[PDB]
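In this structure, tobramycin is found bound to Aminoglycoside N-acetyltransferase AAC(3)-XI.
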Amino acid sequence: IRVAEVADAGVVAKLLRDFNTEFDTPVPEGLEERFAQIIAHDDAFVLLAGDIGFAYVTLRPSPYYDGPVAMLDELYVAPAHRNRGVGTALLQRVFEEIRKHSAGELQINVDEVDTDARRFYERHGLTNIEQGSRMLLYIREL
Amino acid sequence: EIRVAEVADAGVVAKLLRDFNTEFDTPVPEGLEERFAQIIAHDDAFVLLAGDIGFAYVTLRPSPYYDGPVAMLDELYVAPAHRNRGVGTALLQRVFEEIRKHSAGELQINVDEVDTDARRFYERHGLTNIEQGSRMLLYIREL
Ligand SMILES: CC(C)(COP(=O)(O)OP(=O)(O)OC[C@H]1O[C@@H](n2cnc3c(N)ncnc32)[C@H](O)[C@@H]1OP(=O)(O)O)[C@@H](O)C(=O)NCCC(=O)NCCS
Ligand SMILES: CC(C)(COP(=O)(O)OP(=O)(O)OC[C@H]1O[C@@H](n2cnc3c(N)ncnc32)[C@H](O)[C@@H]1OP(=O)(O)O)[C@@H](O)C(=O)NCCC(=O)NCCS
Ligand SMILES: NC[C@H]1O[C@H](O[C@H]2[C@H](O)[C@@H](O[C@H]3O[C@H](CO)[C@@H](O)[C@H](N)[C@H]3O)[C@H](N)C[C@@H]2N)[C@H](N)C[C@@H]1O
């Protein structure tokens, strides 16, 4: 696993394209050019497991912590390479990398029906319960 | 009325967040004012203030899905004695207005399932918990 460089924007864009296609979710135009800009800056990073898996992490400020709040905005391993520990290794490296940023928390948006992903996340120390209540994510696309 | 907070307003914002956390029996971390002063001054974030009775804290972060950022309404609060009079609605409308200046492609809000009044508020104002026929859950690990 490596932190992506700007030179990796093309492979990151390919993997997100494959991800969204697999899940019948639209593929934005211009992914490679945006990833090249995003990777060049310090409020986000991408981890690559060779060319077959990736984690996209954003950082944003919080008044609760000197460091940022981290969000795992995308986690994906190519279908032929799943169930071999790649995703586990990616997530562990997420924690290691955000720790270098003194991140106070990791947050992940997860669809409720994705029970296999939820089992993976809960196995690795993420929780959806806060004081007996589930935490919900509400959005408005603009 | 509602204004974008300046660095000098950090103390007002910290007070409101303290009151917010005190209302819901949540620990109030130290250094709130000093951190809000830095966040307001330097970071990709902003605070909206309704007088000194309410605020919205919004962060902006990168997205490959569009040119602009994805916005997160990380805190929204109206003092108890001033609720149910449209202040919260006014703050949220101004949130949409300000993030539109940043060409934000999406607004996201984390809401506890048991906060039914807050959920009805967000749902009444164009936010949805449903994506592809499924609820969206927020998973965390505190570090
Ligand atoms: C979820 C995912 C990143 C995990 O990576 P991985 O390399 O397959 O995971 P690991 O080998 O380290 O651990 C296996 C766990 O991953 C989960 N998993 C495996 N395949 C999965 C799949 N198609 N979809 C969802 N979860 C899967 C399971 O929980 C599995 O645990 P199990 O042994 O109890 O069945 C990967 O499977 C994937 O990309 N799935 C589809 C996209 C997705 O769900 N991303 C989650 C972001 S919200
Ligand atoms: C949620 C909140 C920001 C809305 O501000 P507001 O000025 O009361 O809202 P408005 O007057 O514009 O609209 C009224 C709606 O606000 C909601 N509301 C009122 N009091 C509320 C309360 N204690 N908690 C949650 N929502 C409340 C209700 O949905 C109400 O609609 P209703 O008349 O059908 O019951 C404010 O009530 C509040 O600070 N609540 C406690 C903190 C909170 O829950 N924040 C939500 C972030 S997840
Ligand atoms: N079912 C798995 C999904 O994983 C990823 O979404 C990741 C997105 O972060 C989550 O979606 C959120 O993030 C994306 C991108 O910002 C927005 O398009 C979307 N409206 C917003 O809800 C999303 N709800 C879960 C996942 N963590 C894939 N991009 C799509 C795939 O369907």
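Just so it is clear: chains get the letters A, B, ... in the order the sequence lines come, proteins before strands, and each one is counted from 1. Computed over heavy atoms, backbone and side chain alike; hydrogens, waters and symmetry mates excluded. Each ligand, and each atom within it, is numbered from 1 in the order the structure gives.
Here, the model contains tobramycin as ligand 3. Counting only heavy atoms under 4.0 Å, the other chains near tobramycin are A, B. Near tobramycin, within 4.0 Å on a heavy-atom basis, the structure shows A/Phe19, A/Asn20, A/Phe23, A/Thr25, A/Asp73, A/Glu74, A/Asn109, A/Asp111, A/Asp114, A/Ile139, B/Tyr65, B/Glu106, B/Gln108, B/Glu131, B/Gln132, B/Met136.
Close N/O approach between A/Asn109 and tobramycin is found [any backbone or side-chain N/O within under 3.5 Å]. Nearest protein heavy-atom neighbour of atom 24 (N) of tobramycin: A/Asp111 OD1, 2.7 Å. Shortest contact from atom 9 (O) of tobramycin to any protein heavy atom: A/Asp73 O, 2.8 Å. Between B/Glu106 and tobramycin, at least one N/O pair is under 3.5 Å apart.
Less than 4.0 angstrom separates some heavy atom of B/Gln132 from each of these atoms of tobramycin: 32 (O). Ligand-side atoms of tobramycin in range of B/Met136: 22 (O), range being under 4.0 angstrom from any heavy atom.
Nearest protein heavy-atom neighbour of atom 11 (O) of tobramycin: B/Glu131 OE2, 3.3 Å. Lab note: no covalent bond from tobramycin to a chain. Atom 4 (O) of tobramycin has as its closest protein heavy atom A/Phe19 CZ, 3.2 Å. Protein heavy atom closest to atom 13 (O) of tobramycin, with residue, atom name and distance, is B/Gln108 NE2, 4.1 Å. Listed by atom number, the atoms of tobramycin under 4.0 Å from B/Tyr65 heavy atoms are 15 (C), 29 (N). Here the heavy atom of the protein found nearest to atom 5 (C) of tobramycin is A/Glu74 OE1, 3.3 Å. Each of the following atoms of tobramycin lies closer than 4.0 Å to a heavy atom of A/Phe23: 1 (N), 31 (C), 32 (O). Counting only heavy atoms of the protein, atom 29 (N) of tobramycin lies nearest to A/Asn20 OD1, 2.8 Å.
Of the other ligands and ions shown, those with an atom under 4.0 Å from tobramycin are ligand 1 (coenzyme A). Given atom 1 (N) of tobramycin, the protein heavy atom at minimum distance is A/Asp114 OD2, 2.6 Å.
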